[PDB]
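A look at one PDB structure holding SAR125844.
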Amino acid sequence: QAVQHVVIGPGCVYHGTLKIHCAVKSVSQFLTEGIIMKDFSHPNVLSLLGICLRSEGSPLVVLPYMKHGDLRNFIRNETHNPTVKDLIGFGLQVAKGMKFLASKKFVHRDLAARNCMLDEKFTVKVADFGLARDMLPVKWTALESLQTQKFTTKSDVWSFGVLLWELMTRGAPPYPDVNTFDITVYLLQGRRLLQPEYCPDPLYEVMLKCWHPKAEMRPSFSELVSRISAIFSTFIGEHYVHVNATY
Ligand SMILES: O=C(NCCN1CCOCC1)Nc1nc2ccc(Sc3nnc4ccc(-c5ccc(F)cc5)nn34)cc2s1
């Protein structure tokens, strides 16, 4: 009876109706996960509409349809014309979504532009969590977490810095000439992702702070929302961001 308000009625995802447009994904823990995921509610977090075990379901996770799909594909699309302002605004929304999740003691572990969705208002939702979770991810993972398989909000912060880099390169693969088994050795040489051409200096400083070698010295998502909202406020949407030819 704790899962009833999560329940609705009369793998991979497919379309769906109720009208409201949705995405439908396809036993005690499933009903538990419904209730927990149902408790997360923030404009920059993908909400669960409800679940279907009936009858028998499969089961079925029903999520709001995101008109514009994943953030990575959206910024990569050559027919899109984002400004510095737009891209930073997307980063600011992810940071707000993560500040909420961190407040709920939730550790994402797979924060990446591919795992964020965009609705018809271009509101960014952090997704790929709860029932909707699916597939290492080496290139987004904090150094300590690669080394110890332990994940924290401070390791999400490192991931968020890589996501900002994605944003500012319009979806370039991070560390392209680097193979995933070798990323630990590469970083321990004293290396970070390079400053994208259309990345403002203060935002590259923010990325570098997100990648601080001491997890405790990284900014919280709350300090990131504050810092990024200030940077965002200085732009007016006159700087068009192009794609690098090498990526
Ligand atoms: O795809 C669209 N819109 C069409 C976008 N088009 C594409 C063609 O270009 C024109 C614009 N809406 C959708 N809403 C939803 C709502 C929920 C879910 S499941 C889920 N839960 N967490 C995550 C996290 C990531 C992914 C994911 C990753 C890579 C991808 F590639 C696609 C989706 N899924 N995911 C799927 C969809 S898909």
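Since chain A takes its numbers from the PDB entry, the residues it shows come out as 1064-1073, 1090-1097, 1104-1111, 1121-1229, 1245-1356. Remember, it's 1-based here, ligands and their atoms both numbered in the order they're listed. The figures here come from the full heavy-atom set of this structure, side chains too, leaving out hydrogens, waters and symmetry mates.
- Lab note: main contact partner of SAR125844 (name per the PDB entry) = Hepatocyte growth factor receptor.
- Only the side chain of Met1211 comes within 4.0 Å of SAR125844, judged by heavy-atom distances.
- Taking only non-hydrogen atoms into account, the UniProt active-site residue of chain A lying closest to SAR125844, to the nearest 1 Å, is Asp1204, 8 Å.
- Contact annotation for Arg1208 and SAR125844: only backbone heavy atoms (N, CA, C, O) come within less than 4.0 Å of the ligand.
- By the criterion of a heavy-atom distance under 4.0 Å, the side chain of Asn1167, and not its backbone, is placed next to SAR125844.
- Looking at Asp1222 against SAR125844, both its backbone and its side chain come within 4.0 Å, counting heavy atoms.
- Among UniProt domains of chain A, the one with most residues near SAR125844 is Protein kinase.
- Applying a cut-off of 4.0 Å to heavy atoms, one finds the binding site of SAR125844 to be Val1092, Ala1108, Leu1157, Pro1158, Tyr1159, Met1160, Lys1161, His1162, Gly1163, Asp1164, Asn1167, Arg1208, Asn1209, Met1211, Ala1221, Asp1222, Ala1226.
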